[PDB]
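Working notes for the structure below.
Residue numbers begin at 1 in each chain, while the letters A, B, ... track the order of the sequences. One-based numbering, in listed order, for ligands and for the atoms of each. The header says X-ray crystallography, 1.5 Å.
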Amino acid sequence: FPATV
Amino acid sequence: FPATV
Amino acid sequence: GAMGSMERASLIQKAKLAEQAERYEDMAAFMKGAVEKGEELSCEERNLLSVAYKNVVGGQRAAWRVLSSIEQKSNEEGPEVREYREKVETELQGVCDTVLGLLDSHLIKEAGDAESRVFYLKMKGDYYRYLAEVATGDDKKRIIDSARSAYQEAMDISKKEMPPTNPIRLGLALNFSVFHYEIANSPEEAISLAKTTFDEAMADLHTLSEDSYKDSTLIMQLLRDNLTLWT
Amino acid sequence: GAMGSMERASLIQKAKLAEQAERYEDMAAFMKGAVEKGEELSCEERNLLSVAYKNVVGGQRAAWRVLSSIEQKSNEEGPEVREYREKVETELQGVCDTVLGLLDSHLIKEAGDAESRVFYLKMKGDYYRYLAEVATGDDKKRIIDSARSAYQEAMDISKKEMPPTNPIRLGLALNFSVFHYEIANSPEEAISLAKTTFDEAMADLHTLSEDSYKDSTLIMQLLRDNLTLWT
Ligand SMILES: C=CC(C)(C)OC[C@H]1O[C@H](O[C@@H]2C3=C([C@H](C)COC(C)=O)C[C@H](O)[C@]3(C)/C=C3/[C@@H](COC)CC[C@H]3[C@@H](C)[C@H]2O)[C@H](O)[C@@H](OC(C)=O)[C@@H]1O
Ligand SMILES: C=CC(C)(C)OC[C@H]1O[C@H](O[C@@H]2C3=C([C@H](C)COC(C)=O)C[C@H](O)[C@]3(C)/C=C3/[C@@H](COC)CC[C@H]3[C@@H](C)[C@H]2O)[C@H](O)[C@@H](OC(C)=O)[C@@H]1O
Ligand SMILES: NCCCNCCS
Ligand SMILES: NCCCNCCS
């Protein structure tokens with residue numbers, strides 16, 4: 001999955 | 001800490 | 001409510017202890033109690049609220065993904081996997097509704113300064129995005145549009161009031177770019193947003209103090225990681 | 001009770017799904033529901049019960065250790081750290097009492113075969129040992145003796161009925177050795193037990209099938225790790 005913050 | 005299982 | 005009899009300072013102190021102990025459910029409950037005292041959160045307090053709920057919902061989303069994958073394999077060429085996936089899904093939805101309720105009852109209307117306003121609107125887009133990940137009914141389009149509208153309002157303010165290296169501005173762009181890619185089926189918009197955000201921040205790193213932007217440096221690496229994954 | 005309306009097979013199936021999803025609180029609740037159906041657990045089912053509670057109490061013990069350490073620094077040369085450490089401690093105690101209650105009401109009296117009997121008595125010693133780690137009152141000595149008596153009964157049976165390479169026999173020796181070292185202030189007994197256990201199992205590895213004892217191999221490495229830490 002792509003990274004989020 | 002020592003290992004336990 | 002549940003934390004009604006505890007002093008606000010004690011709830012904040014206990015939220016910090018729960019963070020050190022990795023007890024994110026307790027940390028979220030203490031921070032909800034603190035928000036419910038009715039005073040505006042400080043910058044450090046806003047971070048505690050966000051970390052606590054991001055960790056709680058993070059665990060539920062990881063579990064939902066595992067269950068959803070097992071369920072998808074069971075329907076290829078019993079009721080238990082579906083029942084358990086629905087249980088996890090309802091718990092996840094309950095946590096997102098709790099966060100969205102705190103944002104819309106306390107935090108958003110009182111936030112006047114750009115930094116807090118963008119922070120809470122980013123959270124609103126994040127929690128609507130988590131609800132969109134599990135939405136399967138006639139409500140999915142409205143949930144997705146609620147996430148988009150929150151992210152878009154936050155983007156409009158951050159571009160006007162914050163420098164391009166501000167970690168909240170960068171984090172919002174990182175997450176709105178992921179929303180475009182994963183939720184709105186707009187990979188070109190996701191890529192354009194991550195690229196412009198990274199490029200604009202790179203050109204502004206000349207104005208910053210050396211050890212003052214470790215968070216922005218980490219977010220810039222995450223934009224680059226996504227751009228590498230997508231291109 | 002809470003899981004009273006669900007079929008036993010469905011509870012076991014859901015316990016396995018919860019394990020894959022890393023939802024150990026759900027896994028423990030499903031396994032408690034399955035034990036409460038009144039049928040004896042199978043070997044695979046006993047492992048599910050043990051893993052679920054070991055992970056739940058593991059997290060609480062890690063948190064208690066962090067809080068206890070902060071509390072110790074605050075009393076060197078407010079009430080919040082103590083209050084929160086006591087909250088975590090009471091939750092941990094509640095989980096140990098739940099496991100001990102299941103062991104003493106269902107599982108131990110019905111276990112006739114050596115493998116299950118030693119498994120449940122090892123669990124009884126483990127959960128009394130976790131209660132001893134936080135015990136500070138006039139009850140501490142009795143709790144420690146309850147852990148010792150459970151481990152000792154399990155040791156007596158395992159030496160008579162199981163080969164020295166049996167993973168349950170090895171795991172019991174690993175944990176009873178840690179009890180001697182950390183709880184009973186008997187480092188010489190802890191070292192002697194780990195050394196004899198390791199040596200006896202090494203001499204019996206000649207009788208085993210190549211890929212059939214990965215668990216015993218892992219436990220033997222843990223005995224060696226403790227012996228290295230202590231000597
Ligand atoms: C519980 C909070 C603790 C652990 C005390 O702080 C978390 C972190 O809190 C701050 O960092 C924030 C922050 C994060 C940084 C990227 C962490 O940076 C490093 C270097 O670890 C991730 C966090 O989840 C947090 C609080 C959240 C956000 C996110 C919130 O959306 C609503 C938007 C971007 C980002 C902002 C607010 C960051 O500034 C600080 O700037 C960080 O310290 C440094 C040196 O960068 C600290 O690690
Ligand atoms: C949820 C359980 C799953 C993940 C399905 O199984 C856990 C594990 O279950 C079994 O292993 C047990 C077992 C463990 C093994 C040491 C794991 O081995 C490897 C190679 O990972 C640790 C577990 O906590 C468990 C179930 C517990 C005990 C412990 C219980 O005390 C009351 C005594 C020693 C040990 C015994 C029962 C082990 O046999 C199996 O032998 C393991 O498989 C292999 C190939 O060794 C499997 O990983
Ligand atoms: N370890 C203290 C982290 C402070 N983060 C900045 C709050 S705005
Ligand atoms: N992955 C299945 C694990 C089986 N372990 C042996 C049960 S006694």
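Bound to ligand 4 with the most contacts here is the chain that UniProt lists as 14-3-3 protein sigma.
For ligand 4, the recorded drug is WR-1065. The letters of other chains with a heavy atom under 4.0 Å from WR-1065 (ligand 4) are D. Residue contact check: D/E44 has heavy atoms under 4.0 Å from atoms 7 (C), 8 (S) of WR-1065 (ligand 4). Looking from atom 5 (N) of WR-1065 (ligand 4) to the surrounding protein, the closest heavy atom is D/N47 OD1, 4.2 Å. Set against the non-hydrogen atoms of D/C43, the atoms of WR-1065 (ligand 4) under 4.0 Å away are 8 (S).
There is no protein heavy atom closer than 4.0 angstrom to atom 3 (C) of WR-1065 (ligand 4).
This entry records no covalent bond between WR-1065 (ligand 4) and any chain. At a cut-off of 4.0 Å, the other ligands and ions listed near WR-1065 (ligand 4) are ligand 2 (fusicoccin). With a non-hydrogen cut-off of 4.0 Å, the residues around WR-1065 (ligand 4) amount to D/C43, D/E44, D/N47.
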